[PDB]
Peer 1: 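This is the structure I have questions about; it appears just below.
The lettering of chains (A, B, ...) simply tracks the order of the sequence lines. Residue numbering for chain A follows the PDB entry, covering 22-251, 260-316, 324-829 in order. Here chain B follows the PDB entry for its numbers: 20-251, 260-316, 325-830, in order, are the residues you see. Counting convention: from 1, in listed order, for ligands and their atoms alike. Partial entry; contacts are within-part only. Values below: all heavy atoms of this structure, side chains included; hydrogens, waters and symmetry mates excluded.
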Amino acid sequence: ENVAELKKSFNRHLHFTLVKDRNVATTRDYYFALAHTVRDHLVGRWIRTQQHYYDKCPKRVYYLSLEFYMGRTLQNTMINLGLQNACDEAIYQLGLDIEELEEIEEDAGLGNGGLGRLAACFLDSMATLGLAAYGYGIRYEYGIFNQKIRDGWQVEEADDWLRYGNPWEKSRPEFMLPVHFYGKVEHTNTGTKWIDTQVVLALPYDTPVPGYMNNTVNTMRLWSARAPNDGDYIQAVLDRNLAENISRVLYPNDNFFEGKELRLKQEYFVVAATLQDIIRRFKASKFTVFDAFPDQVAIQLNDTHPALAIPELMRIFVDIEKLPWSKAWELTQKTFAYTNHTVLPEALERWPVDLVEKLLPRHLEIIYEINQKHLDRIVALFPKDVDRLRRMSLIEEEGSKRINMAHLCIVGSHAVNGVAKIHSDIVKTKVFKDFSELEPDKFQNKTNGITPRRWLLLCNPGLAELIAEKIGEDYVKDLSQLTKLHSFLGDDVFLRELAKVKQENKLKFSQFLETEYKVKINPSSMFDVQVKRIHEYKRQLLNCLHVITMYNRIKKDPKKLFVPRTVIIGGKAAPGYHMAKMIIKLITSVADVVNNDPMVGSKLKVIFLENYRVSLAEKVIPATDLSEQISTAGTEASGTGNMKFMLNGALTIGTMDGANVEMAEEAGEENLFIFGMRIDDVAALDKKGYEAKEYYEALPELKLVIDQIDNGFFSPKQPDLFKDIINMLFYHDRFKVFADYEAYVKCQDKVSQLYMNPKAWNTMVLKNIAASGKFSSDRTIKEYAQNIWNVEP
Amino acid sequence: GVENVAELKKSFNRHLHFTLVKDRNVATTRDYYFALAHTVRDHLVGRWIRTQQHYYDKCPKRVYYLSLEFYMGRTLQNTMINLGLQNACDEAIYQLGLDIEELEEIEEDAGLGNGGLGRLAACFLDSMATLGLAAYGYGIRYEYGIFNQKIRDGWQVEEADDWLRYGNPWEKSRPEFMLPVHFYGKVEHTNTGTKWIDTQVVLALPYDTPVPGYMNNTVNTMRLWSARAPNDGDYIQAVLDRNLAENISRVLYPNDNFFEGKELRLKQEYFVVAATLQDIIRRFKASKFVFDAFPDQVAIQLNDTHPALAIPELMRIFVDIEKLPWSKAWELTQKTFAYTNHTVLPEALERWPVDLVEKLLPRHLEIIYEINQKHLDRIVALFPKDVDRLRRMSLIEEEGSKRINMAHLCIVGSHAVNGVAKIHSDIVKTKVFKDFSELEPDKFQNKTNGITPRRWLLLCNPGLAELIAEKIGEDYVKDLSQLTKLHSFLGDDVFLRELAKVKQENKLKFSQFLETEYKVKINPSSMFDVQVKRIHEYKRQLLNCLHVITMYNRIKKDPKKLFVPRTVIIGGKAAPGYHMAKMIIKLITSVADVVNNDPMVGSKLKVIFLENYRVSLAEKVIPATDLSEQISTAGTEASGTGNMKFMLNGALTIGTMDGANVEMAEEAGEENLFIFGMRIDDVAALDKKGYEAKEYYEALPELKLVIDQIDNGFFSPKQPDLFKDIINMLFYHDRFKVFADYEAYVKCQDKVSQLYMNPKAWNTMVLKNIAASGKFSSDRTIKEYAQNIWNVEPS
Ligand SMILES: O=C(N[C@@H](Cc1ccccc1)C(=O)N1CC(C(=O)O)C1)c1cc2cc(Cl)ccc2[nH]1
Ligand SMILES: O=C(N[C@@H](Cc1ccccc1)C(=O)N1CC(C(=O)O)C1)c1cc2cc(Cl)ccc2[nH]1
Ligand SMILES: *Cc1c(COP(=O)(O)O)cnc(C)c1O
Ligand SMILES: *Cc1c(COP(=O)(O)O)cnc(C)c1O
Ligand SMILES: CC(=O)N[C@@H]1O[C@H](CO)[C@@H](O)[C@H](O)[C@H]1O
Ligand SMILES: CC(=O)N[C@@H]1O[C@H](CO)[C@@H](O)[C@H](O)[C@H]1O
Ligand SMILES: Cn1c(=O)c2c(ncn2C)n(C)c1=O
Ligand SMILES: Cn1c(=O)c2c(ncn2C)n(C)c1=O
Ligand SMILES: Cn1c(=O)c2c(ncn2C)n(C)c1=O
């Protein structure tokens, strides 16, 4: 707890746990010794917390997700346990630099983006609020791949994150479980029997989730695939890899459905294990016995990925626990709650019934029965409307039959929510109209949030300290306290101190940029940042057009006053996403021309931030002046990066989409740079018909950019390299890039104006930060606790 | 002894809490085991760091035992004993209200070996550490060791030995020493020399396991390498294909004394060799180093031919990497390497097809050719005429598909070659490699195998170790020859009663195991007749089987005739692809089922096929053995070591004058062992003449019956011709002349029975074996290797 004792513990671990001394100890060794030293501080409360849940039996919440974008654990753990300052001092006294040791830790990147990071922020919040929550996922041997740029292109490298070992995970062999696949169904007189199946074992690994300063430590249980133990002998042993390939790697797709059998196996794998583990726990507690199940258990479905949980639970209740269908179904609906995270057609999960029949025979039967009972009702309430039956069916018939997992989640759940007002609204009245009309009270909204511990206290200590010195540390657990910040809007000194914090973050992050990339950084320039997964809907392309735009204006009139900028664009593209990869090449091509043109000089620098991940977001976010949140209105369910930048002192330029809409409401629309078409404008443009060749014909600045991109100005060695981009823009652009081009650029010009007025710029910054309270994930979970899970802190 | 138990207790509770995240209410037995292991493990650290730091500071010559196998067994008790902590830990576990025996059984055996070869490496490590030698073991960290064997419907069934599933607290990853290993690619001959390009790369991640000397503060290292894919069409598939590179250290080839020319196997051999040589070279350069002193600082023992590629690999490093001239490098090489021949069985000789090698290790095939060219140029110069000698001495075999004779490469590439027992070393030197020793006489030597007295006496038989200690002191633990002092008790009946009692307690404890694992009811007063080793035709478990049946037919002949009761135990694993071995298992289990259930035989005889024979089990049945079966055909067992364990543990041996049996006889007196059957010369004479198994069948009533019973379905009614392959082998393809030794073997057994009815004489003979086993301590073997091969002294 104190410095002297932390030094002894560190040396004790370096010695007994790493078998090293100071002369032969590696940096990794020091990091592991520090990690173990901090890890020991959690054990007492972790056992105590789990024991408490058993003795008092509070209702349990289970967040079931295929993704958990956790990032690094060491610093986070030191902050939530109140050890950082002590450890920093101890390490320094041992002659080491804690910051260097921290960089050794590999990110636990078992997610793709928002969906996976949301889940991670939720666990932190649930632990901070003292809830009996458990996160359940898959312990991927490989998480989201590590990204590199070779010759301007994204190159993928396996993210072998467990290679050197993971001190934050705890194998729980006594809770191992078998998961079945294939086989056939047998309807006997003693119940239905799913037999002749292939078995794969699931070994759970527990990771502690410490709440912020509250003595609570929950658990994140991730499952690992293992071959059972019961032709060529060698091949047979090697073939054990097949089963174990189930939890081998995370599918690297963000907002896109890939119907691969292996993925279907991962979905069921995590689902079968989790539900059996929850049932066992339930039956092992202080408890026909199952009638109290929904009062003791709440399972949240993170998107439709774990949709199979609905029939799996039914399978268990009926075939194993011998409950009648009617009862089983009732308990199921009371147990599950579904969160819809997207409206993009390509992201919708539709599994071919053929694939499901072969792999999960008993589950196909259960899904069919669920649909029968479901459609019999509709037929009753609407004897005529037969087209309504087709639109609400769990099965799609057009061509090869498929299963609409989202429909399956709606009927098997008692609550369904979008992740932002505009998204939830679209989900309730448009996408699932036929369902909400019958069950209105079933649909809700639960606007996303981000944890102020990792995304403020951890990533920007300077800002957390400044805020804390002015209004106390109360805000860490109740972010709505940041509103008190309005009391200092005319405080010139607090405004200079606010600016100093940002500048320090920029100077430090600049050192990172000149170290990782050649480029020379103008530390006074404006840090224009857009970091997120590469997507056509997110429009990194639109941003790219503006950069080329600024570049030409500079070449055109070199002597014309230009507010300097450092444009940073980063994010991974799904491996099979061709257009995303091309977009990356374009950006890298532009930067090369821009960063090396003598006429532009320190006026404009462009950086493609490589390997964007949680630990990297913690560095660049505190260093940002301008946050790009420019996806086409109605395409971004919510967004969370936007919230991160808001809490850390950046201004936002974006469209009225996702949570951007709610940010404007909290801070006031004038304090954000909103632009472009809105949900209604995009629809009108659709009914009419989007003809992109019109804006190109009516906007010279855009035409120059387009011609340069099309004629090879950015790829001399390959004149037609960006042909596919141009082709999509002129004939296949569902995200209407050309349509928001003019408004975007004019918006960008106003940002530049404001940037030249420090007093005005920071004043707005302060109103934003003051208005960010709403976006703490503690508030999100609070609403989940009260309106869906019915549990208390 | 004060404050030692209390601190062990505190520490134990500290680990259960911080290391296992458990309290006394939720802890599993496995958690208690891991808690004790970490508690014991902490006592190795100080000495391990200190030991290795010392070898760095004093720079003694280092010995490197390179092997594809290390059959280590359990580490817990062994570590406690060598560190002098068993008594204190036993007491700490007890006071904590726990059953220490229950905890130790939790530990998984590190069975990274097939049999005696892998176990010898293990024993050698323990001894080298006990003698304080700067020794290092080098092998592969298999994810799956030798398979767990189960008996289903009388047949052997193999189950994957997933020994790392729950974690191994005894290994320590050393990531900073990872290394790249190359495969495939091609050879480019440029002006900058020869270059091996276009290669596929695999990484080698070493894992160090501490090897504690006995009561001397020395803690050596065993470094095992694990294969990992390097970080650098379809994304998901590409990531899944990383399993291919990792398959190289996935599982141990389960073959004992048998060459299987598989590509994966060749990859394992090169893998451990390339990782090891690079690491050894890196250590040399990091010490007070150009390479002229290498052979004076480095000695690498090649355990059999499996790591043969180490020779051309060192040449490759020396010439292609270090740029040394060929002549100089070849010189450094021979001085560095030493080869130990572990077998003369033709089916066990590694002969790789030149094509497989060219495709996988092209640069190495060129180097092997060049060594052969030089080598043969020498023969030619010494014997201008004799062209046949070239053919018999070449590393390349031409007949049909060209293959590489790895034995020959090891010989020319080494300064010393040895066998593992007088008779085998003589065979190697004068017959198999006759043309070679004639040129270099001094090169060939002998190094009689040994076993470590710590695991095979102190640990597995605490009763006998204490008995002996109360009579002649503890000195014998560090010098086994001190066992001859037991002779003073040749007349003391009191002592003989005590010796019989210890043996009795072991049989009673082991009987509990048997009846709990098998339906059979044991007669604790019966003679424990045991044959536990890998199932082989040359080891002749059949012969033994022919005796059990011969006996069965005798009891059914006169149910009232005095019969010396026996509990016959035959165990061992069969290589998955070894058809005849599996047939022999099915024949032994079938016979057993007929003898164990025959009402007329009752408590006179019981057959038990001991399932899953392995180091931990060996430690169980060995101390409980009365008679040891070591009956391999003369000239087939290069040495054997089981024989040694049994001898040291109070059992009498019935066997042929093969391997180390000859030397056991010389040491204890040929009449203090039941020797029988043909001898090497008798075997040769029978070969020259011609073996006609049918004659002995024709001339031996008791035998003819046993056979007719096997061939007609007496032991397999549902399947009358089930044992056809066995009958057909015994009659027209028996290279191990089973029947030829059947008559001698049966008469020999009757005498064993006779002697057993006489407690006083039986135990007297036993005492004579225990007092003469000192020569078979691996500490003696290692000392001899050190003086005459490695040229090093006890650091
Ligand atoms: O594995 C040991 N410590 C552990 C310490 C550790 C634990 C968890 C995460 C990181 C480090 C170790 O070095 N690793 C576990 C990792 C893996 O799974 O590969 C790497 C260890 C200490 C020790 C001390 C003695 Cl005397 C003998 C064997 C020993 N092993
Ligand atoms: O893994 C931990 N201890 C280790 C302890 C251990 C180490 C070596 C062999 C057996 C046990 C552990 O339980 N295992 C390593 C094995 C594996 O890799 O499967 C199983 C551990 C302790 C701990 C304490 C906190 Cl607060 C959080 C996470 C934690 N993990
Ligand atoms: C927060 C975060 C995201 C989510 O970003 P959006 O802009 O909301 O899409 C994605 N990736 C990482 C690494 C993050 O930290
Ligand atoms: C000693 C030992 C061997 C050796 O068997 P022999 O053929 O008797 O030399 C094989 N397996 C195990 C488990 C051993 O302990
Ligand atoms: C399928 C998917 O990854 N959806 C993503 O979910 C997160 C968390 O709700 C949203 O912020 C984001 O806008 C959306 O694209
Ligand atoms: C190739 C091989 O496994 N050889 C085996 O080695 C051991 C240890 O040297 C000998 O005792 C045994 O007789 C022999 O069969
Ligand atoms: C988002 N996304 C992908 O992630 C993707 C894709 N095609 C392949 N992938 C992987 N498409 C068309 C797409 O929009
Ligand atoms: C690496 N890479 C790509 O990833 C790529 C490409 N063209 C299209 N793509 C997606 N080219 C030319 C290329 O070198
Ligand atoms: C020892 N041995 C084997 O181990 C073996 C074999 N055939 C296959 N195997 C595996 N043969 C004929 C054999 O003698």
Peer 1: Could you help me figure out which of piperazine, benzyl benzoate, caffeine is at ligand 9?
Peer 2: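 From the list, caffeine.
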Peer 1: Tell me which macromolecule has the most close contacts with caffeine (ligand 9), using the naming in UniProt.
Peer 2: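 The main binding partner here is Glycogen phosphorylase, liver form.
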Peer 1: Show which other chains sit less than 4.0 Å from caffeine (ligand 9), counting heavy atoms only.
Peer 2: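 By letter, the heavy-atom neighbours are B.
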Peer 1: Heavy atoms only, cut-off 4.0 Å: how does B:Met615 contact caffeine (ligand 9), side chain, backbone, both, or neither?
Peer 2: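 Looking at B:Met615 and caffeine (ligand 9), no heavy atom falls under 4.0 Å.
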Peer 1: Under 4.0 Å from any heavy atom of B:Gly612, which atoms of caffeine (ligand 9) are there?
Peer 2: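 Heavy-atom distances to B:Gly612 below 4.0 Å select 7 (N), 8 (C), 9 (N), 10 (C).
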Peer 1: How far is atom 1 (C) of caffeine (ligand 9) from the closest protein heavy atom, and which atom is that?
Peer 2: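 Result: B:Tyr613 CE1, 3.3 Å.
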Peer 1: I'm curious how caffeine (ligand 9) sits relative to the natural ligand site. Which residues UniProt lists as binding AMP in chain B have a heavy atom closer than 4.0 Å to it?
Peer 2: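 Of the UniProt AMP binders, heavy-atom contact within 4.0 Å holds for none.
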Peer 1: Could you tell me, atom by atom, which parts of caffeine (ligand 9) come under 4.0 Å of a heavy atom of B:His571?
Peer 2: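 Counting from 1, the qualifying ligand atoms are 1 (C).
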Peer 1: Which is closest to atom 7 (N) of caffeine (ligand 9) in terms of heavy atoms, A:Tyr262, B:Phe285, B:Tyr573, B:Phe286?
Peer 2: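 The residue whose heavy atom sits nearest atom 7 (N) of caffeine (ligand 9) is B:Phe285.
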Peer 1: Mind listing the residues near caffeine (ligand 9)? I'm using heavy atoms under 4.0 Å.
Peer 2: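 At that heavy-atom cut-off, the residues are B:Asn282, B:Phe285, B:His571, B:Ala610, B:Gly612, B:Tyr613.
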